[PDB]
Amino acid sequence: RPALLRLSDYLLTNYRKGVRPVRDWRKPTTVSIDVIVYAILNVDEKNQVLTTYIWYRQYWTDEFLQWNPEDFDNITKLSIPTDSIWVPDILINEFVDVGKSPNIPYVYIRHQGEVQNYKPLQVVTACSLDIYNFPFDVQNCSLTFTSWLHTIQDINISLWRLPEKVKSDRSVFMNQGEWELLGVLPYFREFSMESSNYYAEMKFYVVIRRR
Amino acid sequence: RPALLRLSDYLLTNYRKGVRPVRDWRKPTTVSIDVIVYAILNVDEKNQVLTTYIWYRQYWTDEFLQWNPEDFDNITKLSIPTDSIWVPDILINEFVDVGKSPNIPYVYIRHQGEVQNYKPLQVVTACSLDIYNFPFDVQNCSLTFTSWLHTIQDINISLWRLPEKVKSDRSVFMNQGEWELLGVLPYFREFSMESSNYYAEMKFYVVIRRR
Amino acid sequence: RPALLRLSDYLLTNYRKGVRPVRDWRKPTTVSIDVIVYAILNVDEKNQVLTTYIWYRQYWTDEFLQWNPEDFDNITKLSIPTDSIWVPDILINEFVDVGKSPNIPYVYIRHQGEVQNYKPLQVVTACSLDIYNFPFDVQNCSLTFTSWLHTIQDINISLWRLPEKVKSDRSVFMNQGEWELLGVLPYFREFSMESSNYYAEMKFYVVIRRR
Amino acid sequence: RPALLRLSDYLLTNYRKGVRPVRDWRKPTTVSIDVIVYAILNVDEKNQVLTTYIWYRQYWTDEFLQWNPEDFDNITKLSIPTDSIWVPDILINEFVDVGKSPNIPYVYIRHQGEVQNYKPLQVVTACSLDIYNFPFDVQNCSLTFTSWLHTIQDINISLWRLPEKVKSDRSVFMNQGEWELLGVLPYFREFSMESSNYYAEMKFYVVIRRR
Amino acid sequence: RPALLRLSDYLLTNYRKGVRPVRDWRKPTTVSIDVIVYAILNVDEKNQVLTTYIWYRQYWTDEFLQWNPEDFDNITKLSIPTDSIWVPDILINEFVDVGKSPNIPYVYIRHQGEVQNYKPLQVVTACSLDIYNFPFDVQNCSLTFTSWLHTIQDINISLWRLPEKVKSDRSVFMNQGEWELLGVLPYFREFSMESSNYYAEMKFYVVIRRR
Ligand SMILES: *[C@@H]1O[C@H](CO)[C@@H](O[C@@H]2O[C@H](CO)[C@@H](O)[C@H](O)[C@H]2NC(C)=O)[C@H](O)[C@H]1NC(C)=O
Ligand SMILES: *[C@@H]1O[C@H](CO)[C@@H](O[C@@H]2O[C@H](CO)[C@@H](O)[C@H](O)[C@H]2NC(C)=O)[C@H](O)[C@H]1NC(C)=O
Ligand SMILES: *[C@@H]1O[C@H](CO)[C@@H](O[C@@H]2O[C@H](CO)[C@@H](O)[C@H](O)[C@H]2NC(C)=O)[C@H](O)[C@H]1NC(C)=O
Ligand SMILES: *[C@@H]1O[C@H](CO)[C@@H](O[C@@H]2O[C@H](CO)[C@@H](O)[C@H](O)[C@H]2NC(C)=O)[C@H](O)[C@H]1NC(C)=O
Ligand SMILES: *[C@@H]1O[C@H](CO)[C@@H](O[C@@H]2O[C@H](CO)[C@@H](O)[C@H](O)[C@H]2NC(C)=O)[C@H](O)[C@H]1NC(C)=O
Ligand SMILES: *[C@@H]1O[C@H](CO)[C@@H](O[C@@H]2O[C@H](CO)[C@@H](O)[C@H](O)[C@H]2NC(C)=O)[C@H](O)[C@H]1NC(C)=O
Ligand SMILES: *[C@@H]1O[C@H](CO)[C@@H](O[C@@H]2O[C@H](CO)[C@@H](O)[C@H](O)[C@H]2NC(C)=O)[C@H](O)[C@H]1NC(C)=O
Ligand SMILES: *[C@@H]1O[C@H](CO)[C@@H](O[C@@H]2O[C@H](CO)[C@@H](O)[C@H](O)[C@H]2NC(C)=O)[C@H](O)[C@H]1NC(C)=O
Ligand SMILES: *[C@@H]1O[C@H](CO)[C@@H](O[C@@H]2O[C@H](CO)[C@@H](O)[C@H](O)[C@H]2NC(C)=O)[C@H](O)[C@H]1NC(C)=O
Ligand SMILES: *[C@@H]1O[C@H](CO)[C@@H](O[C@@H]2O[C@H](CO)[C@@H](O)[C@H](O)[C@H]2NC(C)=O)[C@H](O)[C@H]1NC(C)=O
Ligand SMILES: Cc1ccc(Sc2ccccc2N2CCNCC2)c(C)c1
Ligand SMILES: Cc1ccc(Sc2ccccc2N2CCNCC2)c(C)c1
Ligand SMILES: Cc1ccc(Sc2ccccc2N2CCNCC2)c(C)c1
Ligand SMILES: Cc1ccc(Sc2ccccc2N2CCNCC2)c(C)c1
Ligand SMILES: Cc1ccc(Sc2ccccc2N2CCNCC2)c(C)c1
Ligand SMILES: *[C@@H]1O[C@H](CO)[C@@H](O)[C@H](O)[C@H]1NC(C)=O
Ligand SMILES: *[C@@H]1O[C@H](CO)[C@@H](O)[C@H](O)[C@H]1NC(C)=O
Ligand SMILES: *[C@@H]1O[C@H](CO)[C@@H](O)[C@H](O)[C@H]1NC(C)=O
Ligand SMILES: *[C@@H]1O[C@H](CO)[C@@H](O)[C@H](O)[C@H]1NC(C)=O
Ligand SMILES: *[C@@H]1O[C@H](CO)[C@@H](O)[C@H](O)[C@H]1NC(C)=O
């Protein structure tokens, strides 16, 4: 048997996707996320919505999906379908349409249990857009990523990279459109409405000025 | 075996989603629902429809999905996929398009059998919108949630929170659009057209005035 | 074991959805349908199409899905997923878009074998719409429901209610739009193009006048 | 056991849908197709596309799905789900959008192995549309049906009816729109770009003149 | 048993789609791709996007899906569903909408392990489109195909045909629209942002001038 088949069987023959992947339920499943803005397709002042094509990547630890490489021909990482494992319900609020985003089939996994998921997002978000300074307008829209259902005690959200590095990330931006990206400011806040439930969310402020 | 895996197996290995989850068929499955209006994307007087992005949550009791925590490492609640259990067919009438709403994978469950489902709704509804007072127009549109098929003897709908608390809920509303939310008035009515079938529905009146 | 679980197992453990549910293949599967017009969202004279939100219900007999209540705690009816049983391919011709209609998960079943399916339809249909009498225009569009594939010898279509009762049904119509419903006239005709195939269809004429 | 259940089991318990249904791989799977134009919803000169609602039917031979009627209560034909058998990948080129077409669940089968599939098509096609003779314009758009992947040695396309009968078929056309159908001219051609691959396609020229 | 059934069983009874199909994980899975532009449906200068209907074909080697023909009635190639095997996640960046593309069910396979996949693409891409020379405008938009997740060490992209042959390929182009195709220039580049990850992508520049 090839090493990849042996590893895939050893991992997925005694694993189910319904549960949260932690040996002890008392610890939360920390999730690290990163956001890169690839392009700004449209900014609609009439409907007060804008469309952003952002490259979204996140990683977390699956305490069940771990192995010793030396028993599997020194395989340090491998790719398996995303639908065959647990995936956090980290969803972006303020959204109005996300069907344009295709579902990426595969995700990378490492022998430590770390799971890496790279996916695109064609999300269109609703935010306040004033046209007061139309000729030299500058807008401030926010993207907030949160565990839609799980509380902070179950899922927590952190940053993959340092805040300053992602704040001035224009490496892959399409810098030929009507809008110019000035920065992507992250922000962490604990969101709570009930007297006992606290939810963790990460706000990304996309700052753009017209040209 | 970890406690979560043992509990998930003990629950879902002797459970099927086709049936209504009640030990005795003679009792109805009471469902408690709540509605929070997150934003009002569009109000179309031409087509007599308006779009509301509302945060919808509901809970009910699954008399099969109950356990004693002390036998499962004091696990009081856990999350499992929504497609692995019975879910009431509580659908909103007056609707014209609901495909924009994504399907939330997971739902929370407690050892008492209570099931909590949090989902978003991008429903666009058809209702009478007069433009008689255009400059200072005030509109009155209604959202009615009902068990589409099940009668009152099978599914009944109630309110999660007290009517007054939800009537003046502007905690998460996007209060920067063209429309301002004045209140969300609930109302319970037994709907019957045949001589023997009674259906329970809950009407939510979204009161909005232009600005 | 609870009665519902026992009944569901007894029914679906020896049943498959591919076949037409009849003990003898020589008899047709009579289907009774009813149509209620809930609203008329749009009437497009430019594209010669109109959109109707109609509440559609139908029932038929599954000769396999029958039981004696006294052996199942006097259960006279129960609900199971619609995808777990055979469903007739009764489709509406003249259609141009039906994706807006959501798929109802559950259907009601009775111990006699009768299956009741209640579903909504957001169908937009193409029909001749003249604007000759624009100010006082009256239109005559038709909805025809037919077994798309099965012939009359396999599937036949009938009326749930008497023709006169459905002809003057304005009980749930949204009587506040630009159009007023005058009647819904049914009509049964055997449709045949080949020399040996006869298909049964039921035409519903929606009569509307502007206001 | 009822005859239908016995036949369905005998057929589908030793059958899989992945393969091409032929006892000997050396023979092609001849497919006969027919096209009936039900209506012409739109003809867009701006985008150089037109929408045609055509009734599409095809049949082919499944050498595995054959039986002797006398052993199954003289059952000469039966209907089973289309997703439970092999279906040719006969797709229409020049297309721009086909999502509007619903998926028909069932297909008819005969004891000889013949499979009959009736499905609708809401295809919108891109073709050259000149507006030179606008007031009395006549257009010539083409629909070509081909085995998208399989070569002629695997799948071949033929005509269900004689070319002249389908060429003057206006039996079910909606002859009340802006366009009038003059004919549907078929044409068979072997399409080859590589030095060894030949693909069979059938071109249907829809001839229409404005009125 | 027919040869096709025996071969399909022998192949798919000891094969799973999750893993990358290579006997040794240390070697990359080279993928050869080709692009043919069938038509240019729309070029939107307002939204800075254009729609291209391109015929996309690719092939790769599955080291598990190989056999000796002489043991299977000299079967040199056969077709099986695309969802039953591993398929590379070769996705086109700069995209804005790909849902219009239908999913081709079957793919061709040869006894050497080679897998051939032919699929259409209705991708709409975002690229800089200047209207400076409107009357005689010439545009330069790019399509880049990359392994979205897998690095170069896992998936690599090459050209099926020689660069010059694909650069002047107008064999199946719809040369009757507003735009004329001047060439499709390929280009290979190793894309890397992290200090250790290198991804292989192939850029196709579609050169078009108005007429
Ligand atoms: C959830 O994650 C956030 C972000 O990683 C945590 O907030 C940080 O916690 C560390 C350690 O307590 C502090 O040094 C930082 O100042 C906090 N803020 C940020 C922005 O890093 C938070 O403590 C985590 N909570 C739980 C329950 O895991
Ligand atoms: C866009 O909005 C964000 C959030 O309100 C602004 O970020 C804050 O700016 C204030 C300015 O005094 C700082 O004190 C905060 O520390 C910032 N917060 C974060 C998380 O960075 C941002 O400045 C706004 N941009 C523009 C151009 O107005
Ligand atoms: C279905 O639920 C509704 C709402 O919970 C019930 O209506 C209430 O019933 C209680 C007790 O009978 C009354 O005190 C309230 O005044 C009723 N109205 C409201 C708005 O709470 C109804 O009785 C339930 N019916 C069934 C069959 O369960
Ligand atoms: C919007 O419509 C609702 C329902 O018709 C109104 O709510 C009712 O208002 C009347 C006013 O006399 C009260 O007597 C009822 O008790 C109310 N019913 C409920 C369930 O609250 C509401 O007032 C309307 N709003 C506006 C601004 O006209
Ligand atoms: C298919 O159903 C239709 C409608 O139920 C049948 O047509 C009726 O048949 C009865 C009895 O023969 C007549 O009394 C009615 O006048 C017919 N028309 C209507 C509108 O009810 C038809 O006979 C059925 N055919 C088959 C083969 O079952
Ligand atoms: C709309 O069209 C239907 C069908 O053509 C009309 O219904 C027929 O009307 C004629 C009038 O003489 C009657 O003789 C038929 O018996 C009717 N058929 C049915 C099935 O009811 C209807 O009258 C038309 N409505 C309008 C307003 O013109
Ligand atoms: C594929 O099918 C086409 C159409 O049925 C075949 O073309 C016909 O072949 C017959 C017999 O050779 C001729 O008499 C006709 O003149 C041909 N044309 C038409 C329009 O019928 C073709 O031979 C078939 N090829 C294969 C390999 O099966
Ligand atoms: C539409 O185009 C088709 C295909 O080019 C035409 O059909 C051909 O017409 C020529 C006229 O001399 C004949 O010689 C061919 O035999 C026809 N081919 C087929 C397959 O029928 C058709 O005439 C065109 N229609 C119009 C109105 O121009
Ligand atoms: C990935 O594939 C590309 C293209 O096939 C390779 O690049 C070529 O490599 C060959 C041999 O090293 C050179 O002769 C060519 O000049 C290269 N460029 C092109 C455009 O062909 C690349 O080496 C491959 N890399 C890996 C790791 O497999
Ligand atoms: C469109 O853009 C491509 C890429 O920038 C151009 O292709 C390059 O053109 C330069 C011209 O000096 C050559 O030196 C490069 O070798 C070309 N690269 C490739 C990969 O072919 C192309 O010329 C542009 N077309 C137009 C009309 O401007
Ligand atoms: C009173 C109150 C309680 C809770 C909430 S929150 C919420 C409500 C419904 C559906 C989903 C949510 N969310 C939970 C955490 N993830 C984001 C959405 C509110 C608004 C009021
Ligand atoms: C005469 C009559 C009987 C019943 C109804 S109701 C209905 C009809 C068709 C499809 C669905 C329904 N519903 C049932 C309960 N849930 C909401 C929809 C009518 C209108 C007339
Ligand atoms: C000559 C001829 C034969 C049959 C028909 S019918 C048809 C054709 C193709 C696809 C579907 C159908 N239908 C069958 C019954 N259900 C409605 C649609 C025609 C038009 C001509
Ligand atoms: C050089 C060359 C070779 C083959 C083709 S064909 C093609 C190409 C890609 C994807 C699909 C196809 N098709 C095959 C048969 N069915 C219709 C589409 C071309 C254009 C050039
Ligand atoms: C700092 C940095 C690191 C990696 C990338 S890449 C990327 C990021 C998120 C999601 C997907 C990707 N991709 C990987 C390879 N395939 C194309 C997309 C960037 C932009 C910055
Ligand atoms: C795996 O790695 C260890 C440490 O580098 C080495 O000793 C061993 O030979 C390797 N085994 C294989 C099969 O590569
Ligand atoms: C569970 O809770 C009970 C009561 O608080 C306690 O006695 C017991 O030790 C707990 N068990 C575990 C495993 O935490
Ligand atoms: C079922 O109904 C019959 C007739 O009414 C009655 O005699 C019997 O006791 C009932 N059984 C149960 C369990 O309700
Ligand atoms: C089947 O048909 C044959 C020939 O017509 C006849 O002899 C036989 O009795 C039939 N059997 C049944 C069960 O109808
Ligand atoms: C397969 O091909 C070989 C070589 O051409 C030939 O000897 C053999 O007879 C063939 N077998 C069949 C079954 O065609």
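We name chains A, B, ... by the order of the sequence lines, and we start the count at 1 in each one. The figures here come from the full heavy-atom set of this structure, side chains too, leaving out hydrogens, waters and symmetry mates. In listed order, ligands and their atoms are each counted from 1.
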**OP:** State which chain has the largest number of heavy-atom pairs within 4.5 Å of ligand 12, named as in UniProt.
**Re:** 5-hydroxytryptamine receptor 3A
Subject >> Drug or drug candidate at ligand 12 >> reply: vortioxetine
**OP:** Provide the letters of the other chains having heavy-atom distances to vortioxetine (ligand 12) under 4.0 Å.
**Re:** B, C
Subject >> vortioxetine (ligand 12): binding-site residues, heavy-atom cut-off 4.0 Å >> reply: B:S147, B:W148, B:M193, B:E194, B:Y199, C:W55, C:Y56, C:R57, C:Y118, C:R161
